[PDB]
Protein chains: 4
Amino acid sequence: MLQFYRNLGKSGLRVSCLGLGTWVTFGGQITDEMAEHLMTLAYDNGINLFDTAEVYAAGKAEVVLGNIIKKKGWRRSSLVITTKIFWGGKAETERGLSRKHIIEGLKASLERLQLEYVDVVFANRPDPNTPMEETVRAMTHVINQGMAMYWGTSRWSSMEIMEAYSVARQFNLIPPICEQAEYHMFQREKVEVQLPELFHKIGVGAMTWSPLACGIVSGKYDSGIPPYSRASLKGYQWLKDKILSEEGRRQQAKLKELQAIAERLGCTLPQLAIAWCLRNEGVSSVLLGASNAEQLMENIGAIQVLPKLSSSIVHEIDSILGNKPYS
Amino acid sequence: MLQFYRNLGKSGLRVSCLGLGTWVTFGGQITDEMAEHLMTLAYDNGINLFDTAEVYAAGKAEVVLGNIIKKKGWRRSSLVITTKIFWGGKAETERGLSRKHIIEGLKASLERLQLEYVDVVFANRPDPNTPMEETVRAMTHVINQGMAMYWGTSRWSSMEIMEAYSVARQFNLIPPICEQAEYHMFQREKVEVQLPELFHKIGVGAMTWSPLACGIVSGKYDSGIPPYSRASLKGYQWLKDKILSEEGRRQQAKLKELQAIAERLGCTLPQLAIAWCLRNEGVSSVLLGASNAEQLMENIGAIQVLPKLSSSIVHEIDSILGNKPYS
Amino acid sequence: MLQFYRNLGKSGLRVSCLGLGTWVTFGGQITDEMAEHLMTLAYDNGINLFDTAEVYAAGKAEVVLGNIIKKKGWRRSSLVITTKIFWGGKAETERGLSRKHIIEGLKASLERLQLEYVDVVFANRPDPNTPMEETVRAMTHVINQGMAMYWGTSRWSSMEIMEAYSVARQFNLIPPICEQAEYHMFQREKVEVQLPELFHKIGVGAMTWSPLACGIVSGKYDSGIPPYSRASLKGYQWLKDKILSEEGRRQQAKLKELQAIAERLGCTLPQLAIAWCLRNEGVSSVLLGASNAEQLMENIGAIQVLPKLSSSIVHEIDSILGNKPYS
Amino acid sequence: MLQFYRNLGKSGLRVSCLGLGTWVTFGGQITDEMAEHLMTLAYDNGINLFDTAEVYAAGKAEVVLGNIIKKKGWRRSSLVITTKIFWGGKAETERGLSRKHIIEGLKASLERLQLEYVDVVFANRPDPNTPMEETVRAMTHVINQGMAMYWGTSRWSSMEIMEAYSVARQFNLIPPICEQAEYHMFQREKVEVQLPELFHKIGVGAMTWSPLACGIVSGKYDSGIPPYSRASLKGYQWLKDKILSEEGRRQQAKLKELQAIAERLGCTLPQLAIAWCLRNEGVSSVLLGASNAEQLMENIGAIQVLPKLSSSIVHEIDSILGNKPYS
Ligand SMILES: NC(=O)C1=CN([C@@H]2O[C@H](COP(=O)(O)OP(=O)(O)OC[C@H]3O[C@@H](n4cnc5c(N)ncnc54)[C@H](OP(=O)(O)O)[C@@H]3O)[C@@H](O)[C@H]2O)C=CC1
Ligand SMILES: NC(=O)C1=CN([C@@H]2O[C@H](COP(=O)(O)OP(=O)(O)OC[C@H]3O[C@@H](n4cnc5c(N)ncnc54)[C@H](OP(=O)(O)O)[C@@H]3O)[C@@H](O)[C@H]2O)C=CC1
Ligand SMILES: NC(=O)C1=CN([C@@H]2O[C@H](COP(=O)(O)OP(=O)(O)OC[C@H]3O[C@@H](n4cnc5c(N)ncnc54)[C@H](OP(=O)(O)O)[C@@H]3O)[C@@H](O)[C@H]2O)C=CC1
Ligand SMILES: NC(=O)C1=CN([C@@H]2O[C@H](COP(=O)(O)OP(=O)(O)OC[C@H]3O[C@@H](n4cnc5c(N)ncnc54)[C@H](OP(=O)(O)O)[C@@H]3O)[C@@H](O)[C@H]2O)C=CC1
Ligand SMILES: C[C@]12C=CC(=O)C=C1CC[C@@H]1[C@@H]2C(=O)C[C@@]2(C)[C@H]1CC[C@]2(O)/C(O)=C/O
Ligand SMILES: C[C@]12C=CC(=O)C=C1CC[C@@H]1[C@@H]2C(=O)C[C@@]2(C)[C@H]1CC[C@]2(O)/C(O)=C/O
Ligand SMILES: C[C@]12C=CC(=O)C=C1CC[C@@H]1[C@@H]2C(=O)C[C@@]2(C)[C@H]1CC[C@]2(O)/C(O)=C/O
Ligand SMILES: C[C@]12C=CC(=O)C=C1CC[C@@H]1[C@@H]2C(=O)C[C@@]2(C)[C@H]1CC[C@]2(O)/C(O)=C/O
Ligand SMILES: C[C@]12C=CC(=O)C=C1CC[C@@H]1[C@@H]2C(=O)C[C@@]2(C)[C@H]1CC[C@]2(O)/C(O)=C/O
Ligand SMILES: C[C@]12C=CC(=O)C=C1CC[C@@H]1[C@@H]2C(=O)C[C@@]2(C)[C@H]1CC[C@]2(O)/C(O)=C/O
Ligand SMILES: C[C@]12C=CC(=O)C=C1CC[C@@H]1[C@@H]2C(=O)C[C@@]2(C)[C@H]1CC[C@]2(O)/C(O)=C/O
Ligand SMILES: C[C@]12C=CC(=O)C=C1CC[C@@H]1[C@@H]2C(=O)C[C@@]2(C)[C@H]1CC[C@]2(O)/C(O)=C/O
């Protein structure tokens, strides 16, 4: 049976199995009014996890997220707000995981969010120019300063996450509680094989992103790049190329076969994809993305699909994908 | 000879052998005017220990306690105020011993109390969803932040209290100074056998609660549930059932025999019961409960009974109760 | 050659070899105007060390000391202000070295002093009811909170000071930098034998008090208790009895012989006594006491006596006193 | 190829290979208007490193630097501001590396700078009267207090820097990230031989000063002390004597030969000297000094000289200097 709320890794932080992200949309692709409606729908449906980053829309995503929280007046204690730090400006010192940028970056993010603290502050990616000890000491400092409750990693290799733990235990600092990693039918290796090891060894939880591979898994690009789609937005040529790549067309081919299973289960492809991401209880929460209310409500409906993901169905999906990693 | 003031465990915190609790009464069963009178009587009689919790009357108990302190103008340095954290709201993240709720919960409690800090912050019960290290780190954090002077446990098993100590010594954090445990003639095992071990091994003190078993030991329920009694209050059906249970009637049977001893000593059953709780010097303080001034003054009179609790009397009481635990 | 300024123990805090205390006088025996003049004379003569305590004149000494500092406008960075904590009120919890009283006591002292911090906060005496770890953790906390730069002990045995060091090194806390001990011709054992060991082993410095044994060494009580003398003040019967005791008269007998040496050196008995206290370079600073400007200026003149304290003179003084401790 | 921005030692702090210092000039030799122009030129040319000290012009240098930052409105996150502590006043306690002066000194510097924190706080020189542990604990404290991001040493021997590291690792404190050392054609030993060892062993970076030996390397003193030159300023007789010393004239002799190489490379002597200081990648940044815009722009032009410092050129320079240290 699905437990809607679960611990993020071994930490005491309880999050909904689904969260709502703000990449591309908040302060960018969608209006603040649409953003307000989406967050309200999420909150009213039990979602307590909202993710953002200092880099999203050059800080505007955080401003919008913060405005909604203040306008709606929801109790701060009922929300789990997370933000990621790494890209905070054009100046040399305004990027990275140095103590200087972690403190300056988080302080600026909190100011934009109109919050005293975030529940989890994440390193948006690894920093090849800053030693682990400095970063872990900085993360520990902002937590001790009450600017964050916990910290986590994103896009870090399992060895790098273990290195952070090593530094934390050697210098009696605070270890990370979660790794925010990409997870969907076409990106499974890290989450299915590596993360479970980190959970058992050092309690690291898995909060996944892009469950629909930026919308690709929806099947919407089955015949070209639809107008208004993310892949058609300015600054997202990389996504369009990926979709139009040889491999991208392959993916669409497999999606048609997966569509057959969805109809069979009585759900949509996106609902099948999102439910699939939560099938295994190694994933603490899946961060959703949505440009409108129809998509968000559809996505939230993935919860009803879970009970239907039998061993046979899963095996059938693995046969189609043909990318089941080795354990 | 009885020493009215004593250290709470091995810590330097000095508390009166009797304290006044706020469960059921403050902000609930009794008026704020009655609450003011009761706290004033306690304070004027040397009591410096006052206990509350974020969950009592949904925060109203703390508001009332805080209003009295401010109105009476007693020096903060002359008071020992304690509050318990665990149930702070209906949202998923508003309960438990996670760092998030410990900080948010205590901050909200202090705001209601109109205090900068409590002397002891207690975990109201064990949290099966939060690792010990997180909880001990959080408790240590609020103490270092000046929101609490010390921390303690409540309703924790002796192994769990030792686990908190283990974590504290392994990561150089602050260990707990006290366990708030139930203690009365019908619940003796933990306080008489387990707590003494913790005192000698890790200095944990014992602050006990419900010395009259919610009023049962008073003998008032000898013939049914009296009107206005706690057991007749809305939301306390559990107490009524307990009193009307097979075991509950048994307890009343033994109380009649204990009543004979009380008359013999020239005191009331409640005074005998409370004095009994303080007979052994393993108990640092007993938290009293009272819905009116007659009960409180009667209860405080238990101090004069102590000198009379001879070895013979104690043995006689053990014979009647027949529940003397094994050491 | 005498170095007027020296390190307090092995710490980096530099103090004048003479300091000015506030016991009995400030906010008590002398007017605030006299207090202002005395502190000004001290400061203008190079003294940068001023000592007080929460217990002196029930907090009034600190208020007077603070008023003078604010009125004169001396740079805070040019002063070394020390206060002692232990007796802060009539309530049970308003005394001792518990974390509660150390924090509440120092906070109240700083408020009275109108200062953000003291340079050294001292435990006024040992606390038999509070474990060392709690006290050292509390002292470390107020230093980390910026309420004090360093901490020290007073009236503690050399074993107790070593215990504080043990706790500090075991839990990585801050060790004490100084012990404020009584030192004069009739009380030499601890300072001459024990303190030097602590300096070499754990860097503890010696700041001494009552160099004239409350005025006894001045010879003023050679024929009874002079009017207006400290021994004649209300609340100082203990001093009068000490002076009028069999041992006290003995002391006066030896003082007459010491007076002969003083005349010979061309100085007064008090100057000889104070210079004697600084003869050995094991004493970092001697805290002076004075009820008027004549005494203070006389006392400060002890510095010119030092060059004259030859080995012969010292041996001659030891012969008269007959209390040279064993090394 | 030259990387304009580089890590300061192994820390995550990224600095421009050239920085601008404020010694002698800011708040002293040059007007605030000239200072503003120089800092603006530096900033606009990519320099993000600005150095000062509490002792420069008795605090006026920091005031001027702070006024410029506030007036220009540059983002704090785009700047790396460093200040040095040691000489903060005439009083005994207003100098040194004691916890008292480190905290009071840095607090006063920040107030003058109108900044909440500096990126790096440096000990301006070693303190023979303060134990290393006290100093490292104090440096760690101001960093934890958010008054500085990191700390460093200046003018410390390689053994003393290693001692700071030893203390930091023994007591789990923060180690230094950089040593600010003198480096130019006539002072090479420490930077070329000792500092590289510290970089590899404990990650300490090298930020060098006086690349032109106070202007001597410019060749301007080839025929006496030019009017308005630093050596002619009041309070700099020491520099004049050094230039007019036997050794100083020698240096000028070698400068004439170096001038030949400069012309050959198509650059000025100062550009050759500064580029020389950056030839080796063991130096993280070179702090420039300038009394006017012509000098600063000339100095910044040293960057174009680097590509020209071939092995032959370097060897030729070593032959002339004849002071190549032994590795
Ligand atoms: N740590 C990291 O580096 C990263 C973190 N994240 C986090 O994860 C969150 C989710 O990632 P995101 O890539 O947005 O998620 P998805 O992969 O689920 O893509 C969501 C996007 O796909 C489209 N879509 C969503 N639902 C449907 C539907 N039912 N039918 C058709 N199209 C649909 C929408 O785009 P459109 O309508 O414009 O086509 C929407 O914006 C982010 O907001 C962020 O918080 C994301 C990436 C990286
Ligand atoms: N840590 C934990 O989980 C717990 C902590 N506590 C703490 O302990 C405190 C005391 O517990 P509580 O259960 O109230 O204590 P008791 O068991 O002593 O019960 C007190 C209640 O019994 C009745 N009573 C008291 N004295 C007399 C008397 N002389 N004659 C007749 N009836 C009397 C009153 O109820 P009425 O008049 O309504 O019948 C009164 O409210 C609490 O306020 C709280 O601070 C309590 C429980 C749990
Ligand atoms: N840590 C601790 O427990 C203690 C700390 N202290 C500290 O030490 C300081 C000094 O101690 P205190 O006992 O006052 O010092 P002294 O033993 O030097 O006694 C000073 C007193 O003696 C008299 N006196 C001083 N100089 C002369 C003189 N030249 N001729 C005649 N009489 C003189 C005055 O008293 P009068 O004129 O009234 O006779 C004066 O108040 C205190 O203020 C306090 O800061 C002191 C005791 C204990
Ligand atoms: N940690 C420490 O103890 C020390 C740190 N420092 C730091 O290093 C910085 C730089 O040191 P500084 O000694 O000023 O540097 P330089 O050795 O480069 O000397 C700079 C001075 O030389 C002259 N000069 C500069 N460029 C030219 C040029 N192109 N042609 C002719 N004359 C020129 C100017 O003086 P003028 O025009 O007056 O002749 C200028 O003020 C300082 O500002 C400070 O921040 C410096 C010393 C010690
Ligand atoms: C949540 C926690 C504590 C607070 C925090 O900010 C970060 C972490 C991360 C790693 C956790 C840790 C614990 O609470 C204790 C854990 C969970 C540990 C990993 C192993 C662990 O050491 C363990 O399993 C004890 O049995
Ligand atoms: C554009 C960006 C920001 C600036 C930049 O110099 C380079 C990149 C590359 C990749 C980006 C990144 C982000 O902005 C954050 C992204 C987009 C990341 C990949 C995933 C990501 O990490 C994230 O957070 C998902 O939402
Ligand atoms: C009070 C204290 C210190 C402050 C605090 O917040 C919590 C505790 C709890 C555990 C205590 C501890 C001590 O002070 C030292 C003690 C009392 C210890 C248990 C054993 C102990 O280690 C001991 O016995 C030294 O002899
Ligand atoms: C109602 C409550 C709160 C909400 C809830 O979901 C479940 C319970 C159960 C048991 C309760 C608890 C409290 O509210 C606090 C209580 C009442 C506890 C038992 C003792 C207690 O721990 C305490 O503090 C005594 O006063
Ligand atoms: C001043 C200091 C540091 C700051 C402080 O608040 C208290 C102390 C007390 C004990 C000191 C300590 C030191 O700085 C290092 C010392 C001085 C130590 C005793 C021995 C020592 O460990 C030593 O000798 C190293 O050689
Ligand atoms: C009166 C006092 C305070 C109250 C009390 O219950 C008992 C005493 C006894 C001894 C006193 C003490 C003080 O007040 C501080 C004194 C006077 C101490 C002896 C030296 C002392 O420690 C000190 O500080 C010298 O100045
Ligand atoms: C920057 C740092 C961390 C923050 C800080 O305030 C000071 C330092 C100085 C020393 C550094 C340290 C590290 O981050 C880890 C380093 C860089 C270390 C020296 C060796 C090191 O231990 C290492 O090499 C791990 O591989
Ligand atoms: C004058 C000064 C300050 C006062 C003093 O009693 C003695 C000196 C001597 C040497 C000086 C010093 C400074 O003022 C800072 C200087 C000038 C240092 C040598 C280099 C220095 O350390 C520095 O910072 C370069 O800019």
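Chains: A, B, ... assigned top-down by sequence line. Here the PDB entry sets the residue numbers for chain A, with the shown residues being 35-361 in order. Here chain B follows the PDB entry, giving residues 35-361 in order. Just so it is clear, chain C uses the PDB entry numbers, and the residues here are 35-361, in order. In order, the residues displayed for chain D correspond to 35-361 in the PDB entry numbering, which applies throughout. Read the numbers this way: they start at 1 and go in the same order the structure lists the ligands and their atoms.
- The drug at ligand 9 is prednisone.
- Per UniProt, the macromolecule in most contact with prednisone (ligand 9) is Voltage-gated potassium channel subunit beta-2.
- Chains with a heavy atom under 4.0 Å from prednisone (ligand 9): C, D.
- The residue-level binding site of prednisone (ligand 9) (heavy-atom cut-off 4.0 Å) is C/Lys44, C/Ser45, C/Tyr184, C/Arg203, C/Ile208, C/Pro209, C/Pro210, C/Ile211, C/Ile236, D/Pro165, D/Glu167, D/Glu168.
- Protein heavy atom in closest approach to atom 14 (O) of prednisone (ligand 9): D/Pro165 CB, 3.1 Å.
- Considering only non-hydrogen protein atoms, atom 19 (C) of prednisone (ligand 9) sits nearest to C/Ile236 O, 3.5 Å.
- Shown here, atom 26 (O) of prednisone (ligand 9) is out of close reach of the protein: none of its heavy atoms lies under 4.0 Å off.
- Close approach of prednisone (ligand 9) to C/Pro210 (heavy-atom distance below 4.0 Å) involves ligand atoms 9 (C).
- Here the protein heavy atom with the shortest distance to atom 12 (C) of prednisone (ligand 9) is D/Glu167 OE1, 4.0 Å.
- Entry annotation: chain C, source organism Rattus norvegicus.
- Listed by number with element, the atoms of prednisone (ligand 9) under 4.0 angstrom from any heavy atom of C/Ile208 are 5 (C), 6 (O).
- Put simply, atom 6 (O) of prednisone (ligand 9) has protein non-hydrogen atoms near it, under 4.0 Å away.
- Among all non-hydrogen protein atoms, the one lying nearest atom 18 (C) of prednisone (ligand 9) is C/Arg203 NH2, 3.8 Å.
- Of all protein heavy atoms, the one closest to atom 1 (C) of prednisone (ligand 9) is D/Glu168 OE1, 3.7 Å.
- For atom 23 (C) of prednisone (ligand 9), no protein heavy-atom neighbour is present inside the 4.0 Å cut-off.
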Does prednisone (ligand 9) have any N/O atom under 3.5 Å from a protein N/O, and what are those pairs and their distances?
| residue | atom | partner | partner atom | Å |
| --- | --- | --- | --- | --- |
| prednisone (ligand 9) | 14 (O) | D/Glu168 | N | 3.3 |
| prednisone (ligand 9) | 22 (O) | C/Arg203 | NH2 | 3.3 |

